[PDB]
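Methylergometrine:5-hydroxytryptamine receptor 2B complex.
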Amino acid sequence: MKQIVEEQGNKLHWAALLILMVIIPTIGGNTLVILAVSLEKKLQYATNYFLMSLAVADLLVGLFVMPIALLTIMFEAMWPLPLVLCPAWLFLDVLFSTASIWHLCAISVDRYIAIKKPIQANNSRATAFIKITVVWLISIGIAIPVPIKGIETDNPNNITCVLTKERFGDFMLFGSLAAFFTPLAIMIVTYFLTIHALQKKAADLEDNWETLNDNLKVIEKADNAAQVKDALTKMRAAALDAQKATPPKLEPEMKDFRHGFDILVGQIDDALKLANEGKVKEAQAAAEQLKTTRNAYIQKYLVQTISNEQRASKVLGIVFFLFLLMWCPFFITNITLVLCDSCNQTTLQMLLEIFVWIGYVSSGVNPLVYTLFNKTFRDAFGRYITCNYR
Ligand SMILES: CC(C)CCC[C@@H](C)[C@H]1CC[C@H]2[C@@H]3CC=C4C[C@@H](O)CC[C@]4(C)[C@H]3CC[C@]12C
Ligand SMILES: CC[C@@H](CO)NC(=O)[C@@H]1C=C2c3cccc4[nH]cc(c34)C[C@H]2N(C)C1
């Protein structure tokens, strides 16, 4: 058919679109995160070492994967680079993309552990390296079938760098399950686990609050010393119990309310030492002054603890939701490409060519968006874009 003219002429304007909107924001966005953790001494702790690893994983996407992904648009007919670069590029493409997804899955669980068990800390430098290594080891095992099986290449060196359904059909199915849907399910579970964790934490703080106040009236209306003795001990327990629901202020220039329990317990011990000697009327007067410590520190500590754990949980879910949501158009399409044979797989491959760039920008700017809710990071970025540093 001479009428049938598949020009397939030019797509340079789309490459300029992807550099300006996807590639540059990826490279620059992750360089700033790396710069911040590296040369800002106030940002160097166990969490940001894992976050910097994520920034490296996404910086390597826009530095190696995404630039060569444009040559598949300019020269969609045939692979221009040497043959050995085609399995290498596909390998790094699966490696780094999986490393970004599994990084957030670990961060999501780490944040949940920090809510259920705030005691463990200094979560040392080694615990970070263990988590870093495992994530990178998981991603290698998922990206390793690509170079092992290899391109489908006698040959005129005519190579199409693509994951065909005939050759990698079993990989595209189970490789999407392990790399995307498995950490997706984990983050759904840890989501509802966090809702239950923040509510159980608030209800316990509420009962510790009532325990203190109820025992105060027990002390005031007390007639016997033995009643005051087992009323301050129960207060001292509930005071330490509510204080253990928050990591020490050791681990911020403004007021620290968590110290009010150190003050509270110290007074309770003295007021109980008076109860041990027998000075009841003098001990009840000291328990009345426990309200001064309560009205100043304890009252605003309970709201500051619940509100901050609630706000940080909501913003962490949103940014981890949009990341997963923008990677959904690719993997859902990638699965049905194998599990649907009625579908036209020519246009179904065209959609994968588009949906990857939705996921690329989703991974590339993901560390930047996440760090733009930490003021120390933002103030560092504002000095870097003006080329200030120190
Ligand atoms: C055509 C494209 C792919 C190549 C050019 C893009 C890269 C090399 C350029 C474009 C914009 C540049 C960034 C612009 C802003 C800054 C802020 C500065 O404090 C650190 C470097 C950094 C982050 C630059 C790094 C290099 C950069 C990312
Ligand atoms: C659109 C052009 C085609 C060429 O084959 N490229 C792909 O489908 C590429 C296949 C990939 C892939 C597959 C199966 C499992 C996976 N886990 C992580 C990835 C992954 C990364 C993904 N990259 C982004 C796209």
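Each residue takes its place number in the sequence, starting with 1. Values below: all heavy atoms of this structure, side chains included; hydrogens, waters and symmetry mates excluded. One-based numbering, in listed order, for ligands and for the atoms of each.
- Counting every copy, the structure places methylergometrine at ligand 2.
- UniProt lists residues of chain A as binding ergotamine; of these, a heavy atom under 4.0 Å from methylergometrine (ligand 2) occurs in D93, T98, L163.
- Using 4.0 Å as the cut-off, no other ligands or ions neighbour methylergometrine (ligand 2).
- For chain A, the UniProt transmembrane segments from the N terminus with any heavy atom under 4.0 Å from methylergometrine (ligand 2) are 3, 5, 6, 7.
- Residues in other chains coming within 4.0 Å of methylergometrine (ligand 2) by heavy atoms are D93, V94, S97, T98, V162, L163, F171, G175, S176, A179, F330, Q349, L352, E353, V356, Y360.
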